[PDB]
Participant: 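Working on a deposited model featuring avibactam (bound form). Questions ahead.
Residues displayed in chain A correspond, in order, to the PDB entry positions 23-267. Just so you know, ligand 1 is whichever comes first in the structure, and atom 1 is the first atom listed for that ligand.
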Amino acid sequence: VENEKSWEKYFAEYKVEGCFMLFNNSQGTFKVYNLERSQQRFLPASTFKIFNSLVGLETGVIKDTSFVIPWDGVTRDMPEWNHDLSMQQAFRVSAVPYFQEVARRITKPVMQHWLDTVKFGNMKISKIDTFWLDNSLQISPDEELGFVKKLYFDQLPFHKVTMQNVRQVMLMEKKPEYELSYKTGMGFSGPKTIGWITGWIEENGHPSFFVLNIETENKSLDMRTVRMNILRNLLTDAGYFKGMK
Ligand SMILES: *C(=O)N1C[C@H](NOS(=O)(=O)O)CC[C@H]1C(N)=O
């Protein structure tokens, strides 16, 4: 593990705290800003959709990535969500109600079995449809990094087609120079807003795994935009987006 202290630049620019972890498979380099935070636990918020999708597909609650759960007719603050959505659409717009219904169909005893089998964070369920957003379940950035690396390499205890389907829906940006796959998250913990982006970037078929975790006590900061700007600035600094990795 190399300590990359210059990455503080991109967090200080937004007056936030955070860590960044970057594992470049092909060059065998592993860089981390804020090692202490990388070992601290936080609620996963919407990054848990990776796990929920895996278990939903594996148990067969979700038939395939086109599987539709209708809108329940409850109008929510995000217009994207007030529709009948396929798994792929719900994942990409981060539609919480889709995955709350997945969790209820999985059921708490089955969910607990899969948390325990994968050894996912503190493995703690409060309520079946809130536990990844209400600060009961917690996971560290280093744990999220290990999890997505195992997902990429088919090392989790799921069927290969289950894991291929989740990798496919995680693909968010594709150019000839790079393919960027990730899941974002945002949650609340005490006075703090916690932001996540977990995923990988592939250039020439070579993956680099990353986890970004940020926090602020400034209630007026736009975490949704700031987390993405910070990720793009960090990966640009590290030499990505040009097809050279
Ligand atoms: C997940 O963290 N959430 C669902 C939704 N989209 O989040 S994302 O942009 O982080 O993927 C809004 C934020 C958050 C929530 N409020 O539950």
Participant: Which chain contacts avibactam (bound form, ligand 1) the most here, in the terms used by the PDB entry?
Facilitator: Beta-lactamase Class D Cpin_0907
Participant: Just going by heavy-atom distances, which of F113, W103, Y204 is nearest to atom 5 (C) of avibactam (bound form, ligand 1)?
Facilitator: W103
Participant: Quick test: of every protein heavy atom, which one is nearest to atom 2 (O) of avibactam (bound form, ligand 1), and how far off is it to 0.1 Å?
Facilitator: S68 OG, 2.3 Å
Participant: Which chain residue and atom does the covalent tether of avibactam (bound form, ligand 1) reach, if any?
Facilitator: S68 OG
Participant: Return the closest protein heavy atom for atom 11 (O) of avibactam (bound form, ligand 1) as residue, atom name and distance.
Facilitator: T206 OG1, 2.4 Å
Participant: For atom 12 (C) of avibactam (bound form, ligand 1), tell me which residue out of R246, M208, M245, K205 has the closest non-hydrogen atom.
Facilitator: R246
Participant: So which bit of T69 gets within less than 4.0 Å of avibactam (bound form, ligand 1), heavy atoms only: side chain, backbone, both or neither?
Facilitator: neither
Participant: So, at a heavy-atom cut-off of 4.0 Å, what does the binding site of avibactam (bound form, ligand 1) look like in terms of residues?
Facilitator: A67, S68, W103, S116, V118, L155, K205, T206, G207, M208, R246, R249
